[PDB]
**Q** 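Here we have a deposited structure with lobeline present.
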Amino acid sequence: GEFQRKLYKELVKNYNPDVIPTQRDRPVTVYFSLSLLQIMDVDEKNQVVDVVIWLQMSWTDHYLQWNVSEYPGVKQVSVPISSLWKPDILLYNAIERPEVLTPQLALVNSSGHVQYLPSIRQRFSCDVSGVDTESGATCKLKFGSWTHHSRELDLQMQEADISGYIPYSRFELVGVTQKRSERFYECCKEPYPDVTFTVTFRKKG
Amino acid sequence: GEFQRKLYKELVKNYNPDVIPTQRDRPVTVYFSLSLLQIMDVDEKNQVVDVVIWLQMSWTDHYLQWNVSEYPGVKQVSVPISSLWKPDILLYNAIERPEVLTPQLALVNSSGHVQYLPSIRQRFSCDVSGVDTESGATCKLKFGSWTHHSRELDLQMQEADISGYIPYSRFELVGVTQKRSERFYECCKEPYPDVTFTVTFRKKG
Amino acid sequence: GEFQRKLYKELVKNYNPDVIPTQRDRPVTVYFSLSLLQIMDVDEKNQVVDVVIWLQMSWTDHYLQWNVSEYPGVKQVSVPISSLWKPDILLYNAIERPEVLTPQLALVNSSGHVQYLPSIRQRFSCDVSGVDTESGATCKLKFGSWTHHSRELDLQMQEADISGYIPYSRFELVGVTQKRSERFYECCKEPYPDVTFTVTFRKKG
Amino acid sequence: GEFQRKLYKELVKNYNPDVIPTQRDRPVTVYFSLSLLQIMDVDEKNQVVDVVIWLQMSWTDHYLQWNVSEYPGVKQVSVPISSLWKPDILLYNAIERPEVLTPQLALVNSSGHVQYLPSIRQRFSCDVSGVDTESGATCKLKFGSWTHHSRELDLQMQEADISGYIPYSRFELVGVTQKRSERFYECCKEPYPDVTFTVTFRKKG
Amino acid sequence: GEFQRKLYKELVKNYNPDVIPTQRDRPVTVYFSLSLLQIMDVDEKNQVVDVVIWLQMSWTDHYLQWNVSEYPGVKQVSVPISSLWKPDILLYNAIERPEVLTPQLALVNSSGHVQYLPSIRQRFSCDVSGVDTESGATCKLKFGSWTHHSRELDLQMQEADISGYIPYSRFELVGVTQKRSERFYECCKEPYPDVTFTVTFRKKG
Ligand SMILES: *[C@@H]1O[C@H](CO)[C@@H](O[C@@H]2O[C@H](CO)[C@@H](O[C@@H]3O[C@H](CO[C@H]4O[C@H](CO)[C@@H](O)[C@H](O)[C@@H]4O)[C@@H](O)[C@H](O[C@H]4O[C@H](CO)[C@@H](O)[C@H](O)[C@@H]4O)[C@@H]3O)[C@H](O)[C@H]2NC(C)=O)[C@H](O)[C@H]1NC(C)=O
Ligand SMILES: *[C@@H]1O[C@H](CO)[C@@H](O[C@@H]2O[C@H](CO)[C@@H](O[C@@H]3O[C@H](CO)[C@@H](O)[C@H](O)[C@@H]3O)[C@H](O)[C@H]2NC(C)=O)[C@H](O)[C@H]1NC(C)=O
Ligand SMILES: *[C@@H]1O[C@H](CO)[C@@H](O[C@@H]2O[C@H](CO)[C@@H](O[C@@H]3O[C@H](CO)[C@@H](O)[C@H](O)[C@@H]3O)[C@H](O)[C@H]2NC(C)=O)[C@H](O)[C@H]1NC(C)=O
Ligand SMILES: *[C@@H]1O[C@H](CO)[C@@H](O[C@@H]2O[C@H](CO)[C@@H](O)[C@H](O)[C@H]2NC(C)=O)[C@H](O)[C@H]1NC(C)=O
Ligand SMILES: *[C@@H]1O[C@H](CO)[C@@H](O[C@@H]2O[C@H](CO)[C@@H](O)[C@H](O)[C@H]2NC(C)=O)[C@H](O)[C@H]1NC(C)=O
Ligand SMILES: CN1[C@@H](CC(=O)c2ccccc2)CCC[C@H]1C[C@H](O)c1ccccc1
Ligand SMILES: CN1[C@@H](CC(=O)c2ccccc2)CCC[C@H]1C[C@H](O)c1ccccc1
Ligand SMILES: CN1[C@@H](CC(=O)c2ccccc2)CCC[C@H]1C[C@H](O)c1ccccc1
Ligand SMILES: CN1[C@@H](CC(=O)c2ccccc2)CCC[C@H]1C[C@H](O)c1ccccc1
Ligand SMILES: CN1[C@@H](CC(=O)c2ccccc2)CCC[C@H]1C[C@H](O)c1ccccc1
Ligand SMILES: O=C(NCCCO)c1cc(Br)c(Br)[nH]1
Ligand SMILES: O=C(NCCCO)c1cc(Br)c(Br)[nH]1
Ligand SMILES: O=C(NCCCO)c1cc(Br)c(Br)[nH]1
Ligand SMILES: O=C(NCCCO)c1cc(Br)c(Br)[nH]1
Ligand SMILES: O=C(NCCCO)c1cc(Br)c(Br)[nH]1
Ligand SMILES: O=C(NCCCO)c1cc(Br)c(Br)[nH]1
Ligand SMILES: O=C(NCCCO)c1cc(Br)c(Br)[nH]1
Ligand SMILES: O=C(NCCCO)c1cc(Br)c(Br)[nH]1
Ligand SMILES: O=C(NCCCO)c1cc(Br)c(Br)[nH]1
Ligand SMILES: O=C(NCCCO)c1cc(Br)c(Br)[nH]1
């Protein structure tokens with residue numbers, strides 16, 4: 001569409017994806033949740049879990065807003081995430097890079113709200129010695145910004161999902177809880193928030 | 001050809017491959033089909049299937065059309081798919097990224113119709129516990145746009161293929177059916193279409 | 001050389017490597033041959049062969065010619081293949097992308113004749129159930145353009161090679177024959193050519 | 001922030017990340033330390049250790065400083081490490097490239113001090129034949145600049161860490177020492193510094 | 001340094017890394033040597049050797065020289081090898097691409113002499129059936145330009161190294177010799193030089 005093309009032309013003009021879109025010392029609030037689509041494997045010897053997780057991230061970037069009357073009909077645009085600022089959220093437990101299974105695209109609406117929903121295949125470290133018991137194994141998946149404290153990037157939780165779990169995998173999901181925290185570290189004056197998912201599962205065997 | 005060179009020079013001038021080529025709120029219709037060239041492996045423990053599939057996608061991009069009388073002789077051009085908009089179609093069942101086996105080129109004709117026919121090696125999740133039975137295992141391969149609803153991208157089916165199947169693999173293909181759906185999701189007002197291929201196969205023994 | 005530098009400066013100026021260098025509806029003739037340097041492995045379970053093959057491709061690109069009297073001393077130049085048009089030749093039997101073992105460079109002479117001789121490590125599909133028999137296994141390696149028909153790209157065969165075969169591998173090469181064909185496909189009006197190498201080999205044990 | 005955006009615009013203008021930011025023949029001092037987060041595996045046959053290590057590097061780049069009164073509020077910025085000069089520090093014992101697990105971002109303050117803290121998964125060569133003894137196996141992890149001698153890049157040590165070690169891995173960390181050295185090599189007039197970590201560990205079983 | 005920054009700015013201005021820096025039909029002399037740091041593995045079944053080798057390459061590029069009085073203090077610069085012309089030297093025996101373990105940087109001095117010293121992990125083909133004998137296995141590692149004959153690129157040998165060999169690997173290095181040759185091939189009028197390293201080794205038991 002013609003108004004879409006003009007809209008994209010304006011991004012490349014003025015926008016720097018390296019700059020976190022804070023304003024007036026207000027943080028950028030990033031909503032974060034997770035759906036555990038699969039447990040692919042559990043390596044009992046090496047204390048590693050292999051999962052597919054669907055992350056849901058959303059935030060407002062004030063630099064991405066436009067006047068709906070100046071680009072009529074254009075309600076949302078699909079945009080390569082590499083051309084936007086994105087949260088530098090890291091899974092602390094990860095022992096390999098993530099493999100992103102989905103197109104690397106974000107949805108952005110007229111008031112600059114961005115939705116980025118990557119599905120990833122990820123291996124991470126966890127004590128899984130309980131996995132063949134009734135109790136199962138319980139792993140923590142701690143997520144947080146690598147470089148931004150609470151006054152720059154305000155990580156916030158949202159309602160999660162057991163409904164995406166693939167029923168035919170050889171592990172059953174006993175449950176998932178989630179918790180947001182602020183911690184300090186000896187380096188830095190300001191607190192860093194994290195959102196941690198506690199996941200309990202066991203072998204169907 | 002000299003007219004070919006002038007024709008390509010015009011693409012780089014006006015064209016943004018990030019923008020879906022809708023016009024007048026009309027969707028872009030994308031025709032989608034599949035030929036299952038091979039079942040390479042079936043991992044019974046991890047519930048994974050390894051295939052080579054040949055996808056056939058085609059759509060019209062109105063920005064790619066030209067006057068055949070102004071570029072005489074030039075009936076179709078071979079073009080890197082990376083310089084065109086392409087459908088963000090995803091295999092929902094995939095547990096790894098696809099490996100594209102074919103040149104990343106599309107054919108485009110004078111009225112802007114694009115053919116993109118990648119062959120991919122792909123591993124995906126499926127309940128394969130039936131694979132050593134007469135009934136075999138039946139897997140769904142659901143394909144759909146990750147970011148575009150029906151009013152932007154109208155996914156449509158076409159005539160599929162058993163004729164490419166490699167006869168000497170250790171799995172025999174019992175059959176393939178296909179089905180198009182529109183579904184809604186709790187988020188979004190507009191429906192997303194998918195095309196799903198149901199594939200039944202079994203070990204030869 | 002100083003004349004070499006001026007010669008390269010002229011490529012970047014006028015040349016588009018995406019455009020097949022046909023002229024006056026005449027095809028570009030591409031000469032194609034192969035030397036099978038090694039059979040690395042044969043996977044009897046998965047019906048896969050692992051080889052190193054040395055391809056020899058050559059064609060004339062009329063846009064790459066220059067006046068030898070205007071660039072004196074410059075008889076041929078070594079050029080990154082990515083900055084030239086190259087044939088989009090594909091091994092139809094391949095089940096993984098190729099791994100190129102050689103510098104990605106082509107030789108080009110003053111009348112625009114290009115030599116490109118990549119050595120590749122490649123795994124491909126083949127019925128190898130005969131490999132521990134006197135008859136051995138016989139595999140077809142079919143090569144062809146993915147996007148260009150006979151009137152654009154005229155694929156032509158040349159004299160091949162058993163002399164590069166590594167004598168100490170655990171497979172012996174019984175023989176190699178080669179054949180050029182034209183086929184039609186239901187889509188397209190024009191025929192596509194291929195060059196197929198039939199390779200027979202067996203386990204030494 | 002608006003002052004943040006103007007600040008980044010000035011980097012791209014004047015700055016070359018290939019140039020080591022020495023001044024007045026003074027070296028760039030790079031502070032270096034390590035936290036050994038995990039021993040993932042030990043390959044006794046191939047004499048290889050697989051670890052995750054968290055490196056802490058910091059240096060001053062005089063070209064990155066700014067006036068705090070001219071960019072009010074802007075105390076530190078998060079920046080892609082690829083757009084800054086970075087130390088070419090190498091783990092001498094490495095037998096594969098590193099896999100970086102963290103966002104490739106550095107913190108930079110107003111006086112051009114840069115903090116870069118990558119976590120890496122890395123396999124390296126070590127005599128591990130002692131690993132199931134009380135004494136354990138003792139490995140050297142020698143780190144140093146690949147191309148800069150002491151008068152250009154002054155590598156300096158800092159206080160290290162056993163406290164990050166994951167308690168549930170099947171190896172226990174006995175102890176870590178660290179040592180800085182200057183050596184000469186027959187080639188070169190100037191000495192090269194290194195920082196070496198000696199790490200002792202053993203199988204728990 | 002300020003003079004360093006101006007020096008780099010001049011490279012990007014005038015220099016093309018695709019052009020071999022011959023002058024007055026004189027070849028570019030490339031000095032080549034090798035230190036075999038490790039034998040990682042020997043695959044007896046597939047006739048493959050896995051090594052880490054440290055290559056030492058040096059040549060003069062007349063386009064890289066500068067006046068020391070015009071860039072005072074600047075004696076050598078560390079430069080990404082991708083921004084310089086480099087020899088297209090190939091290990092003829094290689095069955096996989098190399099993995100470069102070192103920063104991809106070269107040293108260049110004021111008279112345009114370039115030092116490039118990559119350490120690589122490389123698997124290559126060799127008859128290793130002797131590896132469990134007193135005699136051991138003897139492999140040839142033949143290195144040479146892929147596209148340049150002797151009158152363009154004059155490959156020359158230098159004094160090599162057993163002193164880097166890791167003492168704790170399960171193979172002992174019996175010896176390494178080296179030899180330079182000129183050969184002709186039926187295609188081409190001019191001879192191609194190579195430098196071959198003969199390496200003898202055996203399992204320690
Ligand atoms: C951007 O970030 C950088 C790094 O954090 C900051 O630069 C540092 O600034 C601090 C504070 O000014 C410096 O700390 C001071 O350093 C003095 C010199 O230290 C060096 O030299 C001595 C030997 O003479 C060594 O022992 C020492 O390890 C260093 O090599 C010290 O003398 C100071 O110590 C005294 O004051 C402190 C504070 O009151 C007392 O607690 C001490 O007991 C002591 O009496 C002091 O530690 C530091 O050197 C700088 N680091 C670097 C790496 O350069 C920038 O300030 C920051 N920019 C902005 C705008 O904030
Ligand atoms: C650029 O390279 C090409 C390819 O190497 C050169 O063309 C080839 O030149 C050979 C040798 O001269 C030709 O063979 C000759 O054919 C005639 C009969 O037709 C015969 O009299 C000779 O004995 C010899 O066999 C060959 O046909 C030709 N091949 C192709 C594909 O064009 C070309 O000369 C080079 N250009 C320049 C400017 O050097
Ligand atoms: C940049 O580094 C290169 C390589 O170290 C330097 O070139 C080398 O310079 C030395 C001393 O000038 C040369 O030695 C001389 O060689 C000649 C001819 O063979 C001989 O007759 C003399 O007795 C003397 O030994 C050396 O050959 C030369 N090497 C190469 C490969 O060119 C260069 O000088 C350095 N430049 C600066 C400014 O540091
Ligand atoms: C852009 O998207 C956001 C998020 O979907 C919309 O903001 C929400 O608006 C609804 C009420 O209309 C409420 O759920 C919340 O108050 C908002 N959510 C958040 C996360 O801020 C916003 O309306 C959209 N803008 C437009 C113009 O459509
Ligand atoms: C470009 O290709 C498309 C698809 O092959 C052509 O559209 C078809 O036109 C024929 C008319 O003979 C119809 O019967 C088909 O049903 C059309 N298909 C679709 C999807 O539109 C188009 O005509 C071609 N353009 C040119 C100039 O040849
Ligand atoms: C179609 N898709 C979303 C696409 C979208 O709007 C989107 C994409 C990318 C970024 C931002 C938004 C909208 C909500 C449904 C979802 C698909 C399903 O939940 C799903 C996802 C992953 C595995 C299995 C099933
Ligand atoms: C030759 N090729 C197509 C090439 C083309 O025109 C094309 C390429 C790329 C984009 C658009 C069109 C046209 C239809 C036939 C096909 C070849 C065979 O079906 C095949 C496909 C996959 C594996 C094995 C064999
Ligand atoms: C030296 N080299 C070629 C290099 C060249 O001129 C060339 C390179 C790239 C493009 C165009 C031409 C020319 C023909 C001989 C060949 C060497 C041997 O046959 C060989 C090839 C592959 C594996 C093992 C041995
Ligand atoms: C939050 N994070 C650092 C982030 C930061 O300031 C930083 C990042 C990148 C560049 C420069 C600075 C500061 C120190 C604490 C650390 C987190 C924890 O110790 C940790 C590190 C590695 C693995 C597991 C856990
Ligand atoms: C410090 N380093 C070289 C670094 C340099 O100046 C250099 C780097 C890159 C390009 C040109 C020159 C110079 C010669 C010594 C070498 C280190 C040692 O041999 C070594 C190599 C590999 C494993 C263990 C030890
Ligand atoms: O340039 C953009 N917004 C500024 C408003 C100018 O009217 C913008 C945001 C997104 Br998402 C795109 Br595409 N462009
Ligand atoms: O590992 C992560 N960060 C590194 C990015 C590439 O260097 C990461 C990001 C997200 Br979202 C997850 Br889950 N992990
Ligand atoms: O997984 C797919 N897309 C990922 C994009 C890169 O992150 C994908 C596309 C198609 Br067609 C298939 Br099958 N999978
Ligand atoms: O720019 C193109 N066409 C529009 C102008 C008509 O003269 C165009 C289409 C394709 Br396909 C290429 Br390449 N360029
Ligand atoms: O798979 C092939 N082509 C895809 C595009 C580049 O990877 C291919 C080409 C050749 Br030659 C072989 Br063998 N495979
Ligand atoms: O510019 C080139 N050819 C056109 C002729 C201009 O007089 C050219 C061909 C090659 Br190969 C290079 Br490098 N440049
Ligand atoms: O095969 C080599 N080069 C191909 C192009 C770059 O990947 C090569 C060079 C050297 Br030195 C070795 Br060992 N292999
Ligand atoms: O440009 C920067 N600093 C110089 C000040 C000129 O106004 C600079 C440093 C960093 Br980190 C960024 Br982003 N910009
Ligand atoms: O610019 C450079 N040399 C061209 C001649 C001007 O004196 C040059 C060489 C190297 Br290494 C760099 Br960085 N720049
Ligand atoms: O090998 C290293 N550097 C080369 C650049 C590409 O990997 C390296 C750096 C560090 Br820190 C480690 Br550990 N390895």
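Below, read A as the first sequence line, B as the second, and so on, with proteins coming before strands; counting in each chain starts at 1. Below, each value reflects all heavy atoms present in this structure, side chains not excepted, and no hydrogens, waters or symmetry copies. Whatever order the structure lists them in is the order used to number ligands and atoms, beginning at 1.
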**Q** Tell me where in the structure to find lobeline, all copies included.
**A**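 You'll find it at ligands 6, 7, 8, 9 and 10.
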**Q** I'd love to know the main binding partner of lobeline (ligand 8) in this entry - how is it named in the PDB entry?
**A**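 The chain with the most contacts is Humanized alpha-AChBP.
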**Q** Which other chains have a heavy atom under 4.0 Å from lobeline (ligand 8)?
**A**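 By letter, the heavy-atom neighbours are C, E.
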**Q** For lobeline (ligand 8), which atoms have a heavy atom of C:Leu37 less than 4.0 angstrom away?
**A**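 Heavy-atom distances to C:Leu37 below 4.0 Å select 23 (C).
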**Q** If the cut-off is 4.0 Å to any non-hydrogen atom of C:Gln115, which atoms of lobeline (ligand 8) fall inside it?
**A**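 Listed by number with element, the hits are 10 (C), 11 (C).
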**Q** Among protein heavy atoms, which sits nearest to atom 13 (C) of lobeline (ligand 8), and what does the distance come to when rounded to 0.1 Å?
**A**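 Sorting protein heavy atoms by distance from atom 13 (C) of lobeline (ligand 8) puts E:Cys187 SG, 4.2 Å first.
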**Q** Just need the protein heavy atom nearest to atom 2 (N) of lobeline (ligand 8), so name the residue and atom and give the distance.
**A**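 Nearest protein contact, heavy atoms only, for atom 2 (N) of lobeline (ligand 8) is E:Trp146 CZ3, 4.2 Å.
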**Q** Identify, for atom 25 (C) of lobeline (ligand 8), the protein heavy atom at the shortest distance, and state residue, atom and that distance.
**A**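 Looking only at protein heavy atoms, the one closest to atom 25 (C) of lobeline (ligand 8) is E:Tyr92 CD2, 4.1 Å.
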**Q** List lobeline (ligand 8) atoms under 4.0 Å from E:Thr147, heavy atoms only on the residue side.
**A**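 Within the 4.0 Å cut-off of E:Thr147, lobeline (ligand 8) contributes 8 (C), 9 (C).
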**Q** Return the residue, atom name and 0.1 Å-rounded distance of the protein heavy atom closest to atom 11 (C) of lobeline (ligand 8).
**A**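 Minimum-distance protein heavy atom for atom 11 (C) of lobeline (ligand 8) reads C:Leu117 CD1, 3.2 Å.
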**Q** So which heavy atom in the protein is nearest atom 12 (C) of lobeline (ligand 8), and how far is it from that ligand atom?
**A**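 The protein heavy atom lying closest is C:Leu107 CD1, 3.4 Å.
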**Q** Only heavy atoms of C:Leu105, strictly under 4.0 Å: list the atoms of lobeline (ligand 8) that pass.
**A**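 The list of qualifying atoms is 9 (C), 10 (C).
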